[PDB]
Amino acid sequence: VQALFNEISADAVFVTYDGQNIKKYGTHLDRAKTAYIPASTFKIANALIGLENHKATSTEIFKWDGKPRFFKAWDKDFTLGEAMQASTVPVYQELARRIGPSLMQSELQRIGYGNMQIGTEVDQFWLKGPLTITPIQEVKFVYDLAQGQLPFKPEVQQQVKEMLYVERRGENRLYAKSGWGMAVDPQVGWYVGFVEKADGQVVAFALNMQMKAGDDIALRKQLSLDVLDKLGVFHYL
Ligand SMILES: *C(=O)[C@@H]([C@@H]1N=C(C(=O)O)[C@@H](S[C@@H]2CN[C@H](C(=O)N(C)C)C2)[C@@H]1C)[C@@H](C)O
């Protein structure tokens, strides 16, 4: 497992949380206490705040306006769950604008997300600062989501949970959200979520690593599933 991490030149940390103990793995363990921009992983909080404050529903279709977006994959209609797995930023920037800077700021402070700072721009704060979060805060945030213990309505947490559902492996279920912050130096890579194992135990996780332009998109998820197999949390099918 240690040999897996330094097989790359990757500066990475992998955090796990079972509700009582944080475990750290990787090449750079101090990354777990270091704050980084959430990037696309903020969509979890964005979706929670939007649904809790009745600014959107999990069945609403955010239609494309016809203007080309940063990726052509984003040039289509999305629900919030579809936009979550596609990481469709323009759909969640529209959600952030429905929420507004003052409610977004008060809600992120209410739930204690990261450093609870958003600045002035309601559709940019998670992509270039000032909002930052540590990987330990990320594992605990998504672990609380898995248990329905976040300061949100129970049906709201359930809806966002199903928005993160990415794989069923027998009676085991993987929930995850990827992130790549490219508008910061250095670039940050996230892979955050939890596994609902067949025995009933929940294990949250968060990969956090340095990234650069050449990196393959699939590397973060590959690395996380690799480690999860080695940990015994999520064995390959
Ligand atoms: C969020 O961190 C940024 C987005 N995160 C991405 C990522 O984690 O892959 C990409 S999404 C990109 C286009 N859709 C593809 C995809 O996820 N699938 C085909 C499943 C990859 C994007 C950089 C966002 C802030 O730009």
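What you see of chain A is 44-280, where the numbers are those given in the PDB entry. Ligands are counted one by one from 1 in listed order, and the atoms in each one are counted from 1 as well. Technique stated in the header: X-ray crystallography, 1.8 Å.
Present at ligand 1 is the drug meropenem (bound form).
The chain with the most heavy-atom contacts to meropenem (bound form, ligand 1) in this structure is named in UniProt as Beta-lactamase OXA-58. Heavy atoms within 4.0 Å of meropenem (bound form, ligand 1) belong to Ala82, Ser83, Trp117, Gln128, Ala129, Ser130, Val132, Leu170, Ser221, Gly222, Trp223, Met225, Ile260, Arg263. Which parts of meropenem (bound form, ligand 1) touch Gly222 is read off a 4.0 Å heavy-atom cut-off, strictly below it: atoms 2 (O), 8 (O). For meropenem (bound form, ligand 1), the nearest UniProt active-site residue in chain A, with the shortest heavy-atom distance to 1 Å, is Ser83, 1 Å.
The atoms of meropenem (bound form, ligand 1) that sit less than 4.0 Å from any heavy atom of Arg263 are 7 (C), 8 (O), 9 (O). Those atoms of meropenem (bound form, ligand 1) with a heavy atom of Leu170 less than 4.0 angstrom away are 25 (C). Atom numbering of meropenem (bound form, ligand 1) starts at 1 in the shown order; those under 4.0 Å from a heavy atom of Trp117 are 26 (O). We find a covalent bond linking meropenem (bound form, ligand 1) to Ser83 OG.
For chain A, a heavy atom less than 4.0 Å from meropenem (bound form, ligand 1) occurs in the following UniProt beta-lactam-binding residues: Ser83, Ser130, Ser221, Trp223, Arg263.
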